[PDB]
Structure formats: structure tokens, C-alpha cells
Amino acid sequence: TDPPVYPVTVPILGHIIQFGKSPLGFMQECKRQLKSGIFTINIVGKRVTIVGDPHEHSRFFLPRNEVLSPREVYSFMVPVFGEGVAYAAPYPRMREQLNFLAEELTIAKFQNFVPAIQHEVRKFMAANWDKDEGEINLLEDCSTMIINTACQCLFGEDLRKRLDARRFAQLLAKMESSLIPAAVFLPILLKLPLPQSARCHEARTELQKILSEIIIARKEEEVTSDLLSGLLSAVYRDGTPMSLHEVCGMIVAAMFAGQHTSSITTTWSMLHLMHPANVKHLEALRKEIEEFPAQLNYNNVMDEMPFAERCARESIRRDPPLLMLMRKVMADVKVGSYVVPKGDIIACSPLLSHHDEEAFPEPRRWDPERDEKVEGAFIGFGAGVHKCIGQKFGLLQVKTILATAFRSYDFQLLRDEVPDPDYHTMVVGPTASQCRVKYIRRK
Ligand code: HEM
Ligand SMILES: OC(Cn1cncn1)(Cn1cncn1)c1ccc(F)cc1F
């Protein structure tokens, strides 16, 4: 009942190299070699048990923060979110804060959002996709459109007056680059190394101050909503409002979370769609869009593009951006047979589960018409107590980009096969240097 231990070739490496080079092969091999979807690698000195059996996802996603905890594992973010915020806060508090953010990303806010997205998409397309024909890096361009659209939805004109797409991206970048993700397995890393640290603190204070000012200026003004005003309106179980520290942290949580995943989802989708093999699916998308108007609206994209939602999801399915969900085991928990002992990190990998051949036949084929064959096997937005709260919003942007893009352009790869994924980044997407693409304007 203690899960099998993959043997540790070098006391140094643990497994950090092999895993980093091809995670699926590595984990599938671990499964066959060890005869069990549940097994333990020793990454660099800490045991990491992996729930690689999708019939058992609920063992990972359902227990409370008192058993299966995210605080430790997400400490390495304590400087982007800030010391108070999200998972660094006592459990009930964390949950309140997240709720307020989520209260701000539901279908109820999507009222003015589609126009605001669509406008940016056609604006980007009108400065940068000008010609009959042209080459672009699709991952950059999507990435840009995402950050643009998201601001348009979430900040006011006057928030945008001083902090735009550029400024903000510059700012997240000088924050993201503080991050030591390997510090999950050696928390000792958090302490010592401090070079890109003060560069992160000066960004967050810069942002936090722009904010302070905007609020101040926002209060002479009055003498309608957006993401920021929403969060300052929130009230905790007791008295307290949210402190500036906290609001700021949630605005970063949000912009940090959606920044790459949404881009990557859009880009993958478009990539598959433009591939000769996948003509049917692109016929399928093109039928879906036909009787759509030029200005879209809530109905067009929310209720009328199940096929586009299937494509977005199939992309995340094949090539999930967040490859590993993890938690710190506080109390011994059973997972199938096997007890996972306190102290272990426990993990659940969308990448491994999305290639269970029972759950997803022919897993490496991109097929938006497929459905999961084991229920809950798809964990691309996770599940249970920490299921993604931005999913409805992310796919609002992906779908609108799809719709908008495929209305007016075709696309050729400059490559025989769709790009391989690049497992070298925190958040995995197609290989940047394989995403140069040819766009054509229809007629
Ligand atoms: C394609 C877009 C996205 C993908 C593929 C994605 C993937 C995920 C996954 C796998 C989780 C669960 C994490 C865990 O179990 O530890 C998650 C959670 C979360 N996402 Fe996303 N995510 C996406 C978009 C977003 C966006 C745009 C936002 C912007 C708000 C957002 C905010 C959050 C938050 C706050 C959580 C954790 C909330 C909690 O612990 O209750 N997500 N996402
Ligand atoms: O899950 C993330 C944090 N993370 C895990 N690996 C890399 N970043 C990313 N994420 C979740 N949805 C989209 N991106 C997130 C970002 C913010 C947050 F509040 C919680 C949280 F898990």
C-alpha cells in the first residue's frame, strides 16, 4: 500500500533532467515499468506521488485543504501575488479572495465584453495583418491579442490611461522573472538567491502605486464598473475591505493566470485548423460562423459556437498548458490501493491523464469531435475545490479570436507537421520558433 518508487539513477538529478526532456514518455514509462497508474518519483530529494490513473482523479481533486493543501506548493509565487494574497492566506480567507476574483469573471460580466474583444482583434488585424499575404509569428500575435483584449475588458479607459498593454506586460515580465518554480521541491531555494528579486519588488510596488493613484483620482471623479472597482467593493465575512496589497495581488493573479494559457489555447487551435489533414474540422468551423454578423455579441460566441469550444478544448486536451497540478499531503490519504503519506507532494498531471489510451483513444490525434471515455478524465481546467475560475473568460477570448480570425483570413503553416510542444517553459505552448505563419485575406 505504499506506492511503487521509481528508482533514483543519480542522487543529484533525482529525475529533474529526464522529466524536463519528455514528460509523457517519462511518465508513461514509469507507469508500464512500475505496473500502476499511481507511483512515486523522487525529484531531487522529495517524494512526488503521481495519480496517473484517471478513474482516481477525484482522490486528488476532492479532499479539503486540511488534507490536500496548495499553500506550500504555491509559496514560490508569494512574491508575485504578495505576502497576504491567495494561497498564502489562512484557508477561509484565501477562499474569500478567490471568490471575489471569480465573482468578476462570470458570464454575467460578459455583457460589454464581446464588442470589446472583437474591436481589439480587428484592430490588431488592421495594423498587423494589412496585406493580401504576409508572415507573422502566430504565437506572438495571439499572445498580443490576448493581453490587449483582457485589458479592454478588465480596466477602465483611465486605468488604461496610465497602464496599457505594453506597460502591464513589461511589468508582469519583471515579476514572472523572479520566479523559482523548482523551489516547490526544494523550498530552500526561496531563501538564498536574490538577484531578480528586487526587480520584482520594484515592479509590484510600481503597479500597486499606479493603482493607489487611480483610486484617489477615481474618487474626485464622482464628486460604471471594471475589475478593479469590483474588488474594492468586496466585503469579507467580518468587517475588513480588501487592502490595496490584496486588490493589487488579485489583479496580478488574474492577469498572470490568463496571460499564456489563453494565448496558447488560441494558437494551438488555429494551428491545427490550418493544417491540410484537418480540412473537415475547418469546414466545420466555417459552417458554424457563416450566418454570423460582422459585429458579434454575447449570443454569437457564448451560445452558438459549440464546435469552436470543442476545438479550443481538444487543443487543451492534447497539449495541456499546465502539465501538473500539485498539493502537499498533510494527512495520510488513500488513493485506490496505496496510502499516500503526509510529507509527499501529490500530483495529478493533465498531460499524463489526457493520454490515457482508455480515456482518449488515439491520444495524439487532434479531434474536436472526440469525447472523454472515462468521466472526468479531462482535467485541463482542473477540478473540485480549485477548478479554474477563469475558464469561461479565457475561452470567451479564444472563441472570439477564432471566429474573428477565420472570418477574414486563411492560413498556411510553413511546416509539414503541426509544431511540437515546448516543455521548457513554466506554461507549455507550441514551440515559438515553429509558429511562423502565412496569412491570406480571403477576397
Ligand atoms: C485556457 C485558459 C486556462 C487554462 C488552460 C487553465 C488551467 C487551469 C488549471 C488546470 C487550474 C487548476 C489549478 C490547480 O488545480 O492547482 C486553473 C485554475 C485557476 N485559474 Fe486557470 N486556467 C486558465 C485560465 C484562467 C484564466 C484566464 C484566469 C483568469 C482569471 C484563471 C484564473 C485561475 C484561478 C484563480 C485558478 C485557481 C482558483 C482556485 O484555486 O480556486 N485561469 N486553471
Ligand atoms: O495555476 C496558476 C499558477 N501556476 C501553476 N503553474 C504555473 N502557474 C496558473 N494558472 C491557473 N490558471 C491559469 N493559469 C494560477 C495563477 C493564478 C492563481 F490565482 C492560481 C493559480 F493556480
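For the single chain, residues carry numbers from 1 onward in sequence order. Each ligand, and each atom within it, is numbered from 1 in the order the structure gives. The basis for the numbers below is simple: all heavy atoms, side chains too, and nothing from hydrogens, waters or symmetry mates.
- Most-contacted chain for ligand 2 in this structure, per the PDB entry: lanosterol 14-alpha-demethylase.
- Of brexanolone, fluconazole, tiratricol, pramocaine, nimesulide, the match for ligand 2 is fluconazole.
- Around fluconazole, within 4.0 Å by heavy-atom distance, are found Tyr74, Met77, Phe81, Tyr87, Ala253, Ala257, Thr261, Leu322, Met426.
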